[PDB]
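Throughout, a chain's letter reflects where its sequence line sits, starting with A, and its residues are numbered from 1. Header lists the method as X-ray crystallography, 3.0 Å. Heavy atoms only: backbone and side chains are in, while hydrogens, waters and symmetry mates are out. Every number for a ligand or one of its atoms is a count from 1 in the order of the listing. This depiction is restricted to one part of the PDB entry, and every contact reported falls within that part.
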Amino acid sequence: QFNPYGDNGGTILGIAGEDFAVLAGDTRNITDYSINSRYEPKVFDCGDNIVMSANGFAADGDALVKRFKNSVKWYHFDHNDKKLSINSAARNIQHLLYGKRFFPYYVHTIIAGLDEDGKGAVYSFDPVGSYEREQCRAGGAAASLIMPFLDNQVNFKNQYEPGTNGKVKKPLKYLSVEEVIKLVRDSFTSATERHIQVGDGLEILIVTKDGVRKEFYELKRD
Amino acid sequence: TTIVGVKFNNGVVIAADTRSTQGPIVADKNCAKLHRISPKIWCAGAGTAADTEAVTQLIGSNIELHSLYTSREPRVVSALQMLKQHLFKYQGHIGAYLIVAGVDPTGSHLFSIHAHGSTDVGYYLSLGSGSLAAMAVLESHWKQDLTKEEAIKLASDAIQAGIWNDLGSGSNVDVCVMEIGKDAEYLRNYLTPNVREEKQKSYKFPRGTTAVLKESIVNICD
Amino acid sequence: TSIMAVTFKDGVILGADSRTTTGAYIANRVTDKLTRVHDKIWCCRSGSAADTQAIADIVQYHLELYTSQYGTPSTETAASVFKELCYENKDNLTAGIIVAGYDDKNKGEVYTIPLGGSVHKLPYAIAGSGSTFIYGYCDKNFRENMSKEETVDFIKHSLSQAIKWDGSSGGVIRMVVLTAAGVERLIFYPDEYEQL
Amino acid sequence: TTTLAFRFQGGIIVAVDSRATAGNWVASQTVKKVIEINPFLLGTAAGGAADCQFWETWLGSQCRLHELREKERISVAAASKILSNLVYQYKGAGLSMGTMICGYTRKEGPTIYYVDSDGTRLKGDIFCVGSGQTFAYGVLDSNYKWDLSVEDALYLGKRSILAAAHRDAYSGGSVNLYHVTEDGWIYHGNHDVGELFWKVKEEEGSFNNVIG
Amino acid sequence: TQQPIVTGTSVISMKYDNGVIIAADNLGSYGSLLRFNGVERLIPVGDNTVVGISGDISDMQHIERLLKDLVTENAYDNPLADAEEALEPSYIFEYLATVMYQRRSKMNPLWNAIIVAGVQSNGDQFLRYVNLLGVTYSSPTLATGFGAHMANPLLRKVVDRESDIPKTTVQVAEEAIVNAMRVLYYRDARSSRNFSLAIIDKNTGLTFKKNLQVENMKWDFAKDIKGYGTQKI
Amino acid sequence: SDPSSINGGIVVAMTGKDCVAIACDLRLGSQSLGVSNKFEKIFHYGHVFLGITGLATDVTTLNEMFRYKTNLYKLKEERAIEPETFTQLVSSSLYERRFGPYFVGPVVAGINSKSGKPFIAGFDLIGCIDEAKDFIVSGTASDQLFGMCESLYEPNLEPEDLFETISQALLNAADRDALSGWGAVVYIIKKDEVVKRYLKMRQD
Amino acid sequence: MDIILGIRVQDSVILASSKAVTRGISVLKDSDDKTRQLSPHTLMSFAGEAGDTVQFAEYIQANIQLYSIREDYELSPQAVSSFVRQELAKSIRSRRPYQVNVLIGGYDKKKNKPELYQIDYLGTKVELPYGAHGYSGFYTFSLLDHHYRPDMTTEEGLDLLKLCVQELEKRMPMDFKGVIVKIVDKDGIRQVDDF
Amino acid sequence: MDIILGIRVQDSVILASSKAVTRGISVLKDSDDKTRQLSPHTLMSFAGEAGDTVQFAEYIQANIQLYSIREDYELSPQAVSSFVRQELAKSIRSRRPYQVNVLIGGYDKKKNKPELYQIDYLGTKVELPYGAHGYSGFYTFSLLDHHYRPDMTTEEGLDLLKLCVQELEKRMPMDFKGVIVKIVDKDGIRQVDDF
Amino acid sequence: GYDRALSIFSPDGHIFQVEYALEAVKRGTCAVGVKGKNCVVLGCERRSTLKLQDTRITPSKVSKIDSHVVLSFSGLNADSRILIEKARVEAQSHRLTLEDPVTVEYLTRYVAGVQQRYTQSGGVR
Ligand SMILES: *[C@@](C)(CO)[C@](*)(O)[C@H](CC(C)C)NC(=O)[C@H](Cc1ccccc1)NC(=O)[C@H](CC(C)C)NC(=O)[C@H](CCc1ccccc1)NC(=O)CN1CCOCC1
Ligand SMILES: *[C@@](C)(CO)[C@](*)(O)[C@H](CC(C)C)NC(=O)[C@H](Cc1ccccc1)NC(=O)[C@H](CC(C)C)NC(=O)[C@H](CCc1ccccc1)NC(=O)CN1CCOCC1
Ligand SMILES: *[C@@](C)(CO)[C@](*)(O)[C@H](CC(C)C)NC(=O)[C@H](Cc1ccccc1)NC(=O)[C@H](CC(C)C)NC(=O)[C@H](CCc1ccccc1)NC(=O)CN1CCOCC1
Ligand SMILES: [Cl-]
Ligand SMILES: [Mg+2]
Ligand SMILES: [Mg+2]
Ligand SMILES: [Mg+2]
């Protein structure tokens with residue numbers, strides 16, 4: 001019997017700073033035990049300082065990104081070139097996803113950008129549209145490997161102040177773009193080591209008020 | 001796994017990668033897939049990891065007792081026969097896929113065994129998930145009358161094909177050279193083309209970070 | 001597989017392709033499906049490689065033990081041992097075997113043993129997936145008391161067609177000649193047989 | 001999930017956890033399971049995350065359209081019935097929703113309606129909904145009285161979620177408290193179980209099963 | 001819901017310095033039966049694109065008709081049909097990719113794996129894959145079916161990354177493709193010796209080679225192989 | 001009805017400079033229901049430490065079995081079993097039940113008393129040995145532990161530093177798994193002293 | 001068979017076990033005692049598959065009584081629980097396993113301490129301050145987490161137990177026809193007749 | 001939803017309907033009224049699939065109330081029961097049928113006679129002296145066969161009904177949390193508050 | 001379906017079909033509504049050119065829409081039945097979804113909305 005879904009592997013990662021936000025993702029595309037492409041980007045600039053990635057089944061992922069990109073275009077036409085805020089984009093994506101509630105897009109979606117106060121924002125979606133704003137989110141094949149590391153290093157979970165008898169927690173603070181990129185790179189090298197579907201290359205998209213910058217790094221190709 | 005075997009002028013060489021998987025997770029990044037049945041009969045194993053280890057040790061044990069009983073150096077065909085009859089008895093439920101090779105008083109030999117108990121003879125062979133990647137290389141570059149150094153190169157190249165192109169294979173290349181009239185040389189980690197790059201950050205915690213409830217000295221002595 | 005055995009004036013000739021498959025992957029392109037159970041009693045193997053090997057090994061053991069006690073066994077005797085294994089273990093075996101041998105009294109003989117474990121003595125026999133495509137050809141072209149060269153051409157042309165149409169058959173065409181003279185191995189490569 | 005809401009002398013208490021799971025994978029510890037429909041209406045969320053979140057957001061739009069058309073705030077009964085009639089249309093399609101519509105109006109007073117995805121709609125004083133509902137019931141029922149103070153009622157609601165967060169593997173993260181009065185709903189903070197458990201254990205002397 | 005009947009096996013392809021090469025054998029298999037031997041599975045669209053198709057042949061023939069019709073439709077009311085407004089490889093691919101995904105989404109797929117190889121108007125190499133699921137990806141080397149398992153490893157030894165493309169000549173690239181086709185004949189049970197090969201160059205244009213054969217094969221060593229273990233005769 | 005994830009739990013082991021650490025959570029549940037918060041998964045036979053995750057009845061059965069076998073070993077050999085030898089004994093015992101296996105994920109840890117070398121090892125349910133320089137993980141949050149250990153770990157950590165690393169690896173992995181947590185224990189093992197610490201973690 | 005509870009307090013172990021025996025749409029009996037005395041200071045309650053429960057309980061009882069006669073000595077609750085666990089651990093990999101869950105409440109006379117062991121049909125043993133089998137736990141554990149203290153008296157334990165039964169009677173779907181309560185302490189085993 | 005009973009006596013119809021609403025291992029409510037007034041002298045109790053029951057009951061109620069306004073006239077219990085049966089008879093061959101069983105107790109003012117109709121989800125209508133849906137019937141029918149007389153008073157009918165509820169409370173596996181009893185007679189519909 | 005736009009604007013900005021419908025109302029028997037401090041009274045004329053009538057069964061001029069709302073009218077009698085029927089159905093539909101009977105304003109607004117819809121729908125007068 002025909003199975004309309006497939007697993008294209010890969011993994012993605014979003015972190016939000018004070019005045020910036022990053023959305024990273026490896027460039028490896030796979031089916032079963034074969035590599036399809038060592039460089040197939042899945043993190044996209046969608047306009048209005050919104051970056052998006054829909055990891056999982058690539059065909060559904062591409063379809064969604066394509067449709068959201070188109071949603072941004074028509075938002076400009078219908079509302080006098082108004083900038084689509086990250087919170088508005090998120091809600092719009094929920095309706096795109098839930099629109100196919102009974103034949104879902106098999107993807108974990110993450111978008112990143114700046115909120116209307118200029119602060120860094122990351123939103124994450126399940127396959128049928130439930131969404132939540134967070135400081136931190138990993139998605140995809142190696143999400144289970146990366147996410148607990150992020151809890152520890154971004155949100156300082158289970159870390160207490162030395163000598164305070166485990167009474168005072170390590171205080172929360174925003175990370176610099178330099179420190180965030182260090183965590184992204186270490187997360188992906190670690191994921192590459194222990195997950196077979198992760199490797200080849202790492203592409204990061206950084207979002208500030210100035211625009212959308214890109215950075216690329218090699219990953220192990222085994 | 002990716003495993004290969006290649007015959008040459010005065011003997012035979014076998015090789016293997018060093019990845020061990022647990023679903024999509026890499027459990028061991030440097031496991032040894034080359035097994036010693038007798039001093040000059042070695043075995044490359046793919047499939048169910050426990051089974052390849054157990055079956056190779058059992059036959060290796062019985063080969064040693066047989067060698068002592070007969071006052072003769074063991075033959076590859078004896079290991080081949082004992083393995084295939086054992087595997088056949090278990091109707092494929094013992095998931096061991098082996099490349100058996102070695103030198104003995106009869107000469108140099110190269111065989112493969114499958115889980116259901118079928119054996120094959122050849123000058124070049126490959127088994128495992130990355131056998132197609134390896135066999136592609138072997139079919140492209142193999143020739144009659146290979147030297148020792150040419151066979152090692154061809155064998156490791158065939159393993160590399162698996163390492164890079166097959167997600168089931170990775171990390172390092174193990175080699176074992178069995179030449180006639182000489183001791184077999186086991187070249188553990190013959191190639192190490194997948195070294196982990198320096199991490200961006202040290203995650204050494206300040207002492208006292210972890211909250212503790214109780215301490216106690218444990219008694220290991222009598 | 002494509003396999004066949006053909007009796008002729010001087011004895012019998014066994015023929016086979018060299019392809020072993022796992023699904024659509026060719027695990028071995030140079031397989032030897034013609035196997036010795038006794039000096040001048042051989043067999044063609046089709047079906048499961050594991051099963052046919054396990055069987056042939058046991059038969060060889062039985063005929064070696066037979067020879068030690070009672071001297072050279074007949075080709076019929078060899079076929080009977082094959083049958084006994086295939087019939088009694090029919091639920092657990094996938095083996096299509098053609099037994100062929102040369103006596104001095106009985107000359108060339110061919111016994112075919114399908115899945116069920118039944119025995120059928122014939123002038124010639126064909127078997128394996130690729131045999132389906134050459135029933136028409138072999139029936140029209142077979143003659144009794146052929147010469148060696150005619151029988152070799154008959155097998156070569158037959159397996160050539162079987163190989164051409166059957167995806168599960170290919171590689172080289174191996175043959176084994178069984179006569180009073182002795183045992184002769186023959187091989188024929190794609191470049192020759194494909195353009196027949 | 002674990003969610004509860006109970007009626008008492010001083011209005012309605014509503015308490016929920018904040019965990020979200022995908023099998024045994026803890027996907028989030030910071031989910032908002034209380035939807036603020038308007039200054040007088042709350043909705044709780046248990047079951048499918050998308051189903052609850054999408055349709056309760058939609059419910060808020062329908063309640064807004066009611067007060068535009070009728071120049072009057074929608075009743076808790078009418079609001080709950082919009083949702084129950086909606087999910088009933090999708091009955092058999094596989095929606096997974098365990099919700100509670102809580103609020104105050106003049107004609108009704110404090111009111112709680114249990115609404116679920118197989119079409120059940122029930123008015124009641126006490127309800128617990130979710131995978132850890134039974135754990136919440138155990139604590140809530142054994143300590144519930146109508147004459148509880150606002151201070152004690154808030155605590156019992158919090159303590160009942162904490163109880164379920166502890167025992168139920170698919171509940172936890174943090175407790176979100178709400179109090180609904182004649183003047184509307186009042187938020188009573190986010191309470192992380194990480195600190196709240198030990199704070200409760202020490203002060204209350206409970207949770208003696210755990211290694212202190 | 002379908003099941004493929006008459007099928008075509010591997011389609012292999014790669015980029016080189018000035019263009020792209022694509023190849024596919026001329027077989028139409030009916031299960032294990034090697035039924036049809038004169039089947040062309042490389043279909044040119046204009047003088048700048050070649051679509052290589054594997055999988056169900058009835059669906060392939062449908063796609064042929066769509067592409068044929070696409071050329072006709074593009075010519076309508078288009079004075080620049082053979083110039084600036086000619087069909088690009090990227091246009092042809094996106095069209096197919098749209099159809100493939102729409103059909104999977106209606107649970108009635110075109111049971112194929114497709115590789116669109118060509119050269120754009122600005123000289124850039126185009127090589128992209130699409131299949132019955134609507135899944136798309138691009139790479140310096142692309143292959144379908146057994147080609148993905150056996151050809152890609154060999155072709156990636158020539159062009160392992162982007163920077164290796166300018167360093168690869170058409171002579172070297174074709175040699176690797178022809179070698180890969182031989183390996184597939186050794187090892188793919190539903191392959192044939194006869195195949196077609198197409199080169200799309202930005203300078204010399206479209207070169208379509210028919211009736212090629214796998215040659216320089218190694219079979220001699222077979223004569224030395226006796227039995228399956230012990231046997232010495 | 002998946003034996004390996006009914007009760008839940010995790011074990012992790014690491015090596016340091018002239019020391020090893022092995023840690024485990026304390027949860028025992030029946031699917032969603034948490035039942036016990038005192039269920040330790042690390043045992044020891046002389047100076048060799050064994051951690052076991054998986055089906056709890058088998059965890060208990062195997063502990064009792066390896067106590068049995070190591071006690072007889074010691075009587076006959078007149079010395080304590082070493083980690084390398086014990087690892088082989090575990091592998092043998094598990095593979096003996098190849099077609100009716102114990103649903104477990106054992107982890108050996110200890111220091112060889114003769115050579116002084118730190119040693120750790122892991123197994124699958126049918127006894128395949130997984131030896132490692134750096135770390136071994138096991139349990140329902142193995143994916144999480146793999147991710148934590150692979151990023152947090154560095155070689156040649158001092159006992160006091162190694163404690164912090166392994167503890168943070170366990171704690172944060174357990175918090176992303178529903179069936180793991182409810183307390184945790186960490187064993188720091190030096191050549192001739194062993195310290196056991198109970199960690200404070202979130203109780204949900 | 002359905003509801004079996006256990007609470008260990010300062011100086012005793014209290015076992016509560018439902019009286020109903022339902023089979024089909026009929027409550028066949030409402031006065032069933034789901035427990036057996038293994039020894040003078042050890043009591044085992046049980047719940048699970050019909051037939052298996054009593055058959056297993058009596059088999060254990062016979063074995064413990066045999067031991068007592070042979071050695072003229074009472075086994076410790078810990079020893080008995082370990083014996084029971086092993087029997088269930090064997091059972092689970094048998095042709096037909098015993099589908100029986102048990103609680104073992106006992107008073108150790110050498111330690112002068114009450115002990116409560118919870119063992120499921122798989123052979124999963126745990127010592128607990130309070131325990132339950134089946135759906136009961138989903139209500140009682142959270143309730144006891146709140147109200148239980150380790151230094152409680154037997155009378156306080158019975159009130160704590162009444163609080164559990166009330167909650168179960170309120171929220172459980174099935175009518176389990178109340179419970180038979182038994183106390184295990186230094187003076188042995190006795191039954192509370194009015195509950 | 002589980003227990004719904006009905007008894008027609010000399011001058012009235014008495015409907016008893018269980019109060020429990022259970023879902024999973026939790027009794028969510030113990031004061032549920034499983035009935036709707038279709039008209040001043042017609043009452044319908046209902047039991048079956050969750051959601052379907054109330055949705056169907058209220059849909060019938062709306063239709064009967066619409067008829068009453070249009071014609072300024074009350075439909076006879078016979079007429080209402082026939083309307084209800086047809087709706088269920090349509091339903092059973094729909095894409096998704098109403099899985100609802102109902103009892104319709106009414107007092108015909110033209111005949112001056114009480115009437116009780118039992119209709120299942122298939123649309124199977126029968127007029128009866130006493131009726132029940134679900135497992136209840138397996139106990140109550142044989143009981144009523146014995147104790148019921150056609151000339152009984154409303155008070156005698158309530159005692160006869162108490163005898164049914166007692167038997168159900170004794171032998172039924174599930175706790176249905178008692179019943180809400182309602183009487184339908186010449187003076188309309190009223191609820192017995194103390195049962 | 002019959003599509004013709006019957007209600008349309010005229011040069012002077014009038015919809016004659018709506019205005020001619022008012023003439024039909026002007027022809028109809030008089031109806032009066034007076035509301036007091038705690039009550040409303042609906043009075044209705046009945047023309048006396050019809051003797052030999054059966055007043056038991058003849059449709060009454062005042063109609064109950066629900067138990068708490070009534071509707072009287074002037075104009076075409078046959079037309080009034082269609083509005084009354086629609087209103088009665090909407091009255092029950094409101095009780096079903098809102099769990100509360102209609103307000104008099106809401107019921108009026110509905111009836112008025114139906115009347116309006118027939119002034120700019122094709123094929124209807
Ligand atoms: C390449 C790398 C592709 O796998 C090679 O073929 C290697 C062979 C080398 C290691 C000799 N194969 C594997 O690594 C092999 C792949 C595999 C997996 C599952 C079945 C067959 C083959 N992996 C293993 O054998 C691992 C080795 C561990 C990580 C040390 N073992 C497992 O994955 C076991 C499988 C056990 C098994 C039982 C019954 C039949 C067959 C296999 N799986 C688990 O432990 C998973 N799970 C853990 C929780 O407890 C329940 C089981
Ligand atoms: C022609 C090819 C067909 O009739 C010949 O008859 C030859 C006979 C020669 C080799 C003696 N037959 C085969 O090559 C034979 C075909 C076959 C396959 C399955 C059942 C019966 C016959 N091939 C084999 O026996 C291979 C030999 C291996 C590659 C060395 N074995 C398999 O294909 C195994 C066999 C498993 C099996 C199944 C049923 C009965 C006995 C054995 N199959 C797999 O491993 C399945 N494989 C799992 C991974 O996914 C791909 C499929
Ligand atoms: C308690 C906490 C647990 O039951 C509550 O009941 C909460 C309610 C809150 C969140 C409002 N319920 C859940 O957390 C709920 C449990 C659940 C899951 C699936 C079906 C029914 C109930 N979890 C979810 O809804 C998660 C939340 C995400 C992870 C933040 N979502 C999923 O599991 C999604 C969507 C599931 C789905 C429903 C209907 C159609 C299609 C899909 N599924 C995935 O993300 C799949 N998978 C997760 C693991 O990673 C690979 C992809
Ligand atoms: Cl073979
Ligand atoms: Mg990798
Ligand atoms: Mg062929
Ligand atoms: Mg929890």
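- Taking the chain with most contacts, the partner of ligand 3 here is, per UniProt, Proteasome subunit beta type-5.
- Per PDB records, the drug at ligand 3 is named carfilzomib (bound form).
- Using a 4.0 Å cut-off on heavy atoms, the other chains next to carfilzomib (bound form, ligand 3) are A, D.
- Heavy atoms within 4.0 Å of carfilzomib (bound form, ligand 3) belong to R101(A), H108(A), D126(A), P127(A), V128(A), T1(D), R19(D), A20(D), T21(D), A22(D), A27(D), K33(D), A45(D), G47(D), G48(D), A49(D), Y170(D).
- Recorded in the deposit, the name of chain A is Proteasome subunit beta type-6.
- Bonding summary for carfilzomib (bound form, ligand 3): covalent, to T1(D) OG1.
- Counted by heavy atoms under 4.0 Å from carfilzomib (bound form, ligand 3), the UniProt bortezomib-binding residues of chain D that qualify: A49(D).
- Per UniProt, the active-site residue of chain D closest to carfilzomib (bound form, ligand 3) (non-hydrogen atoms, rounded to 1 Å) is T1(D), 1 Å.
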